[PDB]
S.K.: 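Structure uploaded - AZT-TP bound to HIV-1 Reverse Transcriptase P66 subunit.
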Amino acid sequence: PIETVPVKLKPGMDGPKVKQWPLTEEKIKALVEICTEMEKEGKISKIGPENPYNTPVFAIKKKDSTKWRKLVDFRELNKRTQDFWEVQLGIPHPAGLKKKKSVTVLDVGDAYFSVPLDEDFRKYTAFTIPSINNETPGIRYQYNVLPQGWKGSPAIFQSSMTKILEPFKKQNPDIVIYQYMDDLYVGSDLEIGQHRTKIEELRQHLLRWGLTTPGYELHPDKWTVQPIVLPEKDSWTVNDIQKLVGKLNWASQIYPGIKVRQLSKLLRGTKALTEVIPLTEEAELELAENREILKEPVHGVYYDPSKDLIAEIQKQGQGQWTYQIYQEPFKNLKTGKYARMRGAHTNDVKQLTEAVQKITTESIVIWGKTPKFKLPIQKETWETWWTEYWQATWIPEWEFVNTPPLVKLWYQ
Amino acid sequence: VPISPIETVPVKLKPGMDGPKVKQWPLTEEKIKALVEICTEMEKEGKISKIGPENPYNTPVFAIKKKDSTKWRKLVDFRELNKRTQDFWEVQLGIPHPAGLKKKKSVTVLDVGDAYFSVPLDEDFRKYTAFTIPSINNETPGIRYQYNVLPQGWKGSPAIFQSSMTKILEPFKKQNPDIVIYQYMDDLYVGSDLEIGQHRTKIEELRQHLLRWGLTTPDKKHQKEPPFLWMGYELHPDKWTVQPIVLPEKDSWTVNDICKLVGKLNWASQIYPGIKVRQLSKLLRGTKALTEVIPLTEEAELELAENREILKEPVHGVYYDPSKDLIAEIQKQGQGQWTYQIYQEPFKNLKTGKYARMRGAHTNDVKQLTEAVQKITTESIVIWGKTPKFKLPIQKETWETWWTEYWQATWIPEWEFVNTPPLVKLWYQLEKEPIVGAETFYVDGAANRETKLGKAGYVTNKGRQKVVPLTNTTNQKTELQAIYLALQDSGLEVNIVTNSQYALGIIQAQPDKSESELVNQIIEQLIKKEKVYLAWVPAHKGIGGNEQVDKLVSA
DNA sequence: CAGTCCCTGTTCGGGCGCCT
DNA sequence: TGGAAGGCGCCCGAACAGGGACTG
Ligand SMILES: Cc1cn([C@H]2C[C@H](N=[N+]=[N-])[C@@H](COP(=O)(O)OP(=O)(O)OP(=O)(O)O)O2)c(=O)[nH]c1=O
Ligand SMILES: [Mg+2]
């Protein structure tokens, strides 16, 4: 018995119709059970083919969890509620969160089940549960309350949230709190014990308002960049200087100061690649001033909240992965490398998955948005396995690229 | 007043749009007999109704003989109503495979009598169904009827039928957790570990349950009699098979002929190992008329011959034993053709299948292997809900070299080497470092957008040089060409410097097969070398030899 | 620079198979 | 006769999309 906030799709737009993908038997069982108990609690209810709309559903285990979580892929719905959760009820972003020495992420998503949902909307939360070997047709449902992983949910429940939070915001005046979808990001400059404790207090404090919390610890001040670096050699072959000029030439669309003329000079003849070329005065100097420019910031890169984030990843081999988040080409808001993630030296798809989650997470902390990924993988390869490795409650947008490495720009 | 059997499902038209007005077919009186016959019998039961002209909608009508029967089936073409009817979400997500079925001690297969007709239509919707029944002469008008139930031929019938049916069977299934009911349309497969007696009790019980909802279950039902005919298969207590496949005999083949043939063989490939459709499909490319006649190549003739030999001997599949592992083994068939068998106990197949798809202009065996493993994983996950353990004709180091080196994320799930040839390999490997003592070729080529004339050539550290004139070419082609030349004219170890991104990217992915003949020749040469190092420099940077050969090839 | 062309990849719609 | 549907699969080609280089 609460007042349902009305919701409309973006102007001139229709609800999501997206095929359910095949599910493993364990994910089908976990879902059949989750949905059964979610029904007898009135949170969802069966429906029929009359309703034209569908969203894909599946299950995951959070990192270290062992308990199954239901996960809906609302990306297509969220794209069509964009008006609502950007323009009307949306949330401001705490530029200090990223500065805090520790940040914990909590799943507050269960809270959303409390509030009911505008009834004219539920037609759009439609999702089908598949059967193994198509024994049965799809068991269709729809949501009677605020769904997890819908972008309208954390917005609509925002007033309730702010109210439940205000006591602890008053009790701990300087601890920063951010809400991004099903997660609450919470951070402090307190030492580890103090911090963990205060989290526990926020937990109880959440409990007497009627919520559970099935915690991820980040450290945004540990987060570093991955600058472009030129090699160091005592002797240079023709090949070495060719590779070097190629690299510097590409680097020049970023740092415009970069000069190739004195280094180009060295290459003047038609020479064998393995032949050693000693470095001239002015090339040693050009190489120096280049090394120095690559130390700087890029001029005039700043974050524009009106624009989408874009993330690129390159597979560097030997466990290493490099990435860059940017809005306009060559103006990079950040660059990074990951190494020895899970699946290093064994499974690429798992490592890419881990990388996509880490990158997304940093973007949420830093700008409060998810990037759109350009993934170095084939569509089928990713769509076959990504769910197996997915530990997170949101799902960023992606597209697939083929971009061979004619130059090694981002990693020596 | 009529009566109400089971809960109805709300319907609508495409908003602000209205119904089906189109004239009836010039139907032959022969059908009209068989038509008005059961037509009239409908109304008695509440299936149809007579309607005042107040209903301004008209839709065509016909019927086709139920296959393998003397009886007739009624079909109403709604295409114009379909176009204007609200969109549904189909609940039928696929087809069940026999190979997915577990072994059941006792098994029944029962069809519902007049299924779509046992399901209440929507009150408010019924009107739109208006159609008219023909006569022996054109004098008698014939009555106009509005369906009270689900017509055969609407676009909403199947989803509603399957949905309601599930809702009905729901309660029975909860009471009997140990019964398996595969529900496909109105076809029910019930199986259990019950004793044939207790089981038949249960079958009867079910028939009663379906009765409460208005669902008849005639003696059309398979009772004691393996094999059961189910979904185009014969089901036996320990084995299954496809119902026999007839392959057309035609002396002269049309396009439609080859289509039937191919699709028949694709149906067959779920069980008969080693079916190949490649060459028969080559015959269908870029052809106009389904009717048009085409001759069989000495290629497609061989294929069809050996495929016929495969079909000759009877084969059968087994069922699924959840306790044991799943195993998928793959064989390379040549020309991008792959076959596989999924089994549990060696030599006893659950099912078979093939991957023939050519994906990409340039590709290799390793990539196509990855592609098939994925096709098969997805298939498995649908049927058994789990991924098979894989047996692959690719050495463990081959795979390791490919995946670690490739710039793209790539993976295969748990798998082991099976030494069945022909083995999948990488046919050449690019050096990671320039080759000492090998001649260095700087290559370029250019071409004129208007002339389509161009040059491809090279210069080397040793003084060697060449330029070749080319006709009806493109910039891309000339860059590839320059590389081809450098390869032809060079020793067994060679350094090649190109400024072509396009060329370099094609070759760096180690293709063994190409749509392009020029790339095939490049491939052929790469395989012959002992060491190739390919390097890239940017154009127009005044680099080294790249500048010199850029000169040579504009001139 | 915008405006082409080349090329290569995806998506879609149409034919056959098979079930109901 | 010639004609309906929904679902899954294959194979094809024709359409659209989008990156990179060269040119007005
Ligand atoms: C074969 C076939 C079936 N259907 C649907 C419609 C039918 N429902 N009804 N009425 C179902 C079932 O068809 P079916 O099971 O083959 O026969 P049915 O009509 O139910 O009566 P029965 O012979 O006495 O058993 O499939 C179809 O729409 N077009 C077809 O060509
Ligand atoms: Mg029937």
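So that the names make sense, note that chain A is the first sequence line, chain B the second, and so on, each numbered from 1. Atoms within each ligand, like the ligands themselves, are counted from 1 in listed order. No hydrogens, no waters, no symmetry mates; every other heavy atom, side chains included, goes into these values.
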S.K.: Provide the full list of ligands or chains for AZT-TP.
M.R.: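 The drug sits at ligand 1.
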S.K.: Which other chains show a non-hydrogen atom at a distance under 4.0 Å from AZT-TP?
M.R.: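 Other chains in heavy-atom contact: B, C, D.
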S.K.: So what's the organism behind chain B, according to the entry?
M.R.: Human immunodeficiency virus type 1 BH10
S.K.: Name the ligands and ions, other than AZT-TP, that lie under 4.0 Å from that drug.
M.R.: ligand 2 (magnesium ion)
S.K.: Show the binding site of AZT-TP at 4.0 Å, heavy-atom contacts only.
M.R.: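 At that heavy-atom cut-off, the site is B:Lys66, B:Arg73, B:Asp111, B:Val112, B:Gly113, B:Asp114, B:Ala115, B:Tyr116, B:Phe117, B:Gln152, B:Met185, B:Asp186, B:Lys220, C:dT20, D:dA4, D:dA5.
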